[PDB]
Amino acid sequence: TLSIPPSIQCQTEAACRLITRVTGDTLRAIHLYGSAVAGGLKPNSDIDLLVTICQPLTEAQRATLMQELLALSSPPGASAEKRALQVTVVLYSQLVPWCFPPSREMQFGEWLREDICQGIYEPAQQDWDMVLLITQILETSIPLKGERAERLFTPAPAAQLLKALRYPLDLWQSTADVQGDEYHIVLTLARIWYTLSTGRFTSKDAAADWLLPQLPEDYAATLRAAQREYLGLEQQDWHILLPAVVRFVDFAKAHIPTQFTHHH
Ligand SMILES: CN[C@@H]1[C@H](O[C@H]2[C@H](O[C@H]3[C@H](O)[C@@H](O)[C@H](NC(=N)N)[C@@H](O)[C@@H]3NC(=N)N)O[C@@H](C)[C@]2(O)C=O)O[C@@H](CO)[C@H](O)[C@H]1O
Ligand SMILES: Nc1ncnc2c1ncn2[C@@H]1O[C@H](COP(=O)(O)OP(=O)(O)OP(=O)(O)O)[C@@H](O)[C@H]1O
Ligand SMILES: [Ca+2]
Ligand SMILES: [Cl-]
């Protein structure tokens, strides 16, 4: 039985209590997922939460939830006891039965603090990553509210999981597509490659270790630098590394499988 890390139990309980109070009778479930449960919880890591609701939130509820989550969350790395929160809200009707691509009602995150602090909220929108979120939750998650994931959601067809995995791959193209997110994108490409090759999901760090000995050394050096920064061991100048990041992205677009090698 998967366990909530003691060091996030208090904050996680407070988030669960807030989400429960604001959503009320529409709440179907709350699931903890991501590196807190699957492994690889770093000092800058956020706490990943999926909220499943039955009906869309009112305009006032969205504002209440967004504003109060701001007070429960801190920028990543600002505090060892008050982590960044990521809260994704989805309609049950978008997942059972599946809609492809599924829509997400709402997303809270620290990368939106400046907008959210002004009352600017993302509307409901289509998100291919929701297929990957649910797939990961089906394997590794904890129900803070409601039923365990395997009793609530069904697996997506492999054909849709493939499309969800390759969607960001086709979108990363230019220097500006990757600028500001260099090591994140390099590591996520490693996780995508891993999943398409083995059918499984794994941590950012472990995916980098899996891919490294398979790469020509020039691409291994870029992956090693992204891994080393993510592990907090060295902050690179990613403006100098940008051309090598672009080459890494192109290499992954050329070499990552176009079909599962080993389904999920
Ligand atoms: C939804 N989670 C947050 C989000 O992550 C995103 C992150 O997405 C980033 C793209 O790579 C980048 O090319 C894109 N850059 C562009 N020039 N388009 C970013 O804008 C995008 N970030 C974003 N929408 N907040 O890369 C994806 C693989 C992701 O992990 C999930 O869809 O954005 C990250 C910051 O960019 C946050 O750290 C995450 O918590
Ligand atoms: N093959 C993949 N395996 C895992 N995550 C993937 C994959 N492809 C894309 N992603 C997406 O990348 C994002 C990773 O989430 P997130 O950045 O919170 O990472 P994490 O594993 O929880 O680590 P961290 O401790 O840095 O938060 C999710 O949106 C996830 O769906
Ligand atoms: Ca996370
Ligand atoms: Cl860990």
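All chain A residue numbers match the PDB entry; in order, they span 2-262, 266-268. Just so it is clear, the values below take in all heavy atoms, side chains as well, and ignore hydrogens, waters and symmetry mates. Looking at the header, which is where the method is noted, we find X-ray crystallography, 1.7 Å. Every number for a ligand or one of its atoms is a count from 1 in the order of the listing.
- The options were saracatinib, streptomycin, golcadomide; the drug at ligand 1 is streptomycin.
- Lab note: most contacts to streptomycin come from the chain the PDB entry lists as Streptomycin 3''-adenylyltransferase.
- Taking UniProt's list of ATP-binding residues in chain A, a heavy atom lies under 4.0 Å from streptomycin for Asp47.
- The shortest N/O to N/O separation between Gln108 and streptomycin does not fall below 3.5 Å.
- Contact annotation: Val179 has no heavy atom less than 4.0 Å from any atom of streptomycin.
- There is a protein heavy atom closer than 4.0 angstrom to atom 25 (N) of streptomycin.
- Contacts of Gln180 with streptomycin, taken as heavy-atom pairs under 4.0 Å, are absent altogether.
- In the vicinity of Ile186, heavy-atom distances shorter than 4.0 Å reach the streptomycin atoms 11 (O), 13 (O).
- With a heavy-atom cut-off of 4.0 Å, streptomycin reaches these UniProt streptomycin-binding residues of chain A: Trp173, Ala177, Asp178, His185.
- Closest to atom 11 (O) of streptomycin among all protein heavy atoms lies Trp173 NE1, 3.2 Å.
- Residue contacts with streptomycin: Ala177 is included, with a non-hydrogen atom under 4.0 Å away.
- In the vicinity of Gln87, heavy-atom distances shorter than 4.0 Å reach the streptomycin atoms 1 (C), 2 (N).
- The protein heavy-atom contact nearest to atom 40 (O) of streptomycin is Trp112 CZ3, 3.2 Å.
- The organism that the entry gives for chain A is Salmonella enterica subsp. enterica serovar Typhimurium.
- Of the heavy atoms in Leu172, none comes closer than 4.0 Å to streptomycin.
- Lab note: no covalent bond from streptomycin to a chain modeled.
- Residue, atom and distance of the protein heavy atom nearest to atom 5 (O) of streptomycin are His185 NE2, 4.1 Å.
- Within the structure, each other ligand or ion under 4.0 Å from streptomycin is listed here: ligand 2 (adenosine-5'-triphosphate).
- The single protein non-hydrogen atom nearest to atom 21 (C) of streptomycin is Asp182 OD2, 4.5 Å, given as residue, atom name and distance.
- Under 4.0 Å from streptomycin, not a single heavy atom of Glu111 appears.
- With respect to atom 28 (C) of streptomycin, the closest heavy atom belonging to the protein is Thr189 CG2, 3.9 Å.
- Contacts between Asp178 and streptomycin below 4.0 angstrom, taking non-hydrogen atoms only, involve the backbone exclusively.
- The shell of residues around streptomycin (heavy atoms under 4.0 Å) is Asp47, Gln87, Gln108, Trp112, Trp173, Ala177, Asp178, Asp182, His185, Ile186, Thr189.
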